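What follows is a model of APH(2")-Id carrying bound kanamycin.
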Amino acid sequence: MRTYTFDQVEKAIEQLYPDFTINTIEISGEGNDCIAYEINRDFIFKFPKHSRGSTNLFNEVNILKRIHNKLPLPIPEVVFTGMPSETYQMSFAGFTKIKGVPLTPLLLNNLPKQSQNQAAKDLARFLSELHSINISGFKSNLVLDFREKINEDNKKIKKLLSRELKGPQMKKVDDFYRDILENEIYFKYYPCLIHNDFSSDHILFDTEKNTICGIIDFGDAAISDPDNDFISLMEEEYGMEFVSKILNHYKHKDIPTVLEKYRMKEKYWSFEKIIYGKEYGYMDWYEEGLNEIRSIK
Ligand SMILES: NC[C@H]1O[C@H](O[C@H]2[C@H](O)[C@@H](O[C@H]3O[C@H](CO)[C@@H](O)[C@H](N)[C@H]3O)[C@H](N)C[C@@H]2N)[C@H](O)[C@@H](O)[C@@H]1O
Ligand SMILES: [Cl-]
């Protein structure tokens, strides 16, 4: 999992964009996939920490380009792109920086009621349009069929914890995965483009106008279940009271299902920690997930 010096970042950009003068550069943030650099306080440059992260970066670029000027809220726009190597699909990507601060649950509840209501309505309107984008042309590398995902994870879990679990413990894993695949509600959704990481950290807020001024980080965006973008808002995120406002402005017809999917995904995070803990090499995630699996059902 690679890192970069400011010297390296400036070199990589100069190679492809010589006339682009860099005056200021600092670490804006860091995720599991990329390190974010704020350059000239105008752009956010994402550099992949590893090969897997570069694929996410490549997909974010692809998705952001085709949904450009189709959404009611400002989203990052691709301005600079890197090159493929034998290690990365995308060496880097430069996006427009969206000004604003994360709409934290604490900031949200300190707002006047009219601003809170407008925030819920703006979020619902954004999701309504996002989930309505024509997803034909989006190739299967952007498609996240949930049933395929569950079945693929199961095979990964078996191959991973084959010698890590005792008899009865692996039986519970079989039971849990069977109960999920047995429930038709998890797979009956109409596939749409989703943000797939729709939380408070990625909802930027303009404190001067008291309005939401951007949605960022589309690195996990894919064609899947629209309910994913509501579940992610109640995980520590927004209270159920505020999400219900969004859901009702969204005209959602089956809230208890969203809550059921919410409970399932909460329990499912244990298995995610095993897979990601071994893929991303997060040995603390692996041991956490392994401890949790060895305990409940
Ligand atoms: N941390 C502990 C929490 O983890 C998940 O929730 C969080 C996501 O993890 C974050 O995103 C990162 O993790 C995702 C899953 O690996 C990646 O897809 C994504 N690219 C990553 O940036 C997202 N910003 C906030 C969300 N509340 C679980 O659902 C939650 O129960 C658990 O308490
Ligand atoms: Cl240039």
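Going by the PDB entry, the residues shown for chain A are 1-235, 238-299, listed in order. This deposition comes from X-ray crystallography, 2.0 Å. Worth knowing before you read on, the calculation uses all heavy atoms, side chains too, and leaves out hydrogens, waters and symmetry mates. Read the numbers this way: they start at 1 and go in the same order the structure lists the ligands and their atoms.
Within this structure, kanamycin can be identified as ligand 1. The site surrounding kanamycin, defined by heavy atoms under 4.0 Å, contains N32, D197, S199, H202, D220, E235, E239, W271, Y278. Shown here, atom 3 (C) of kanamycin is out of close reach of the protein: none of its heavy atoms lies under 4.0 Å off.
Contact annotation for atom 33 (O) of kanamycin: protein absent (non-hydrogen atoms, distance under 4.0 Å). For kanamycin, the atoms lying closer than 4.0 Å to a non-hydrogen atom of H202 are 24 (N). Atom 11 (O) of kanamycin has as its closest protein heavy atom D197 OD1, 3.6 Å. For atom 18 (O) of kanamycin, a protein non-hydrogen atom is found at a distance below 4.0 Å. Nearest protein heavy-atom neighbour of atom 28 (C) of kanamycin: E235 OE1, 3.7 Å. Shown here, atom 8 (C) of kanamycin is out of close reach of the protein: none of its heavy atoms lies under 4.0 Å off. Nearest to atom 25 (C) of kanamycin among the protein's heavy atoms is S199 OG, 3.8 Å. Protein heavy atom nearest atom 1 (N) of kanamycin, with residue, atom name and distance: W271 CZ2, 4.8 Å. Near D220, with a cut-off below 4.0 Å to any heavy atom, the atoms of kanamycin are 17 (C), 18 (O), 19 (C), 20 (N). Proximity to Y278 (heavy-atom distance under 4.0 Å) selects the following atoms of kanamycin: 16 (O). Interface of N32 with kanamycin, defined as ligand atoms under 4.0 Å from a residue heavy atom, comprises 21 (C). No N or O atom of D201 sits closer than 3.5 Å to an N or O atom of kanamycin. Counting protein heavy atoms under 4.0 angstrom from atom 14 (C) of kanamycin gives zero.
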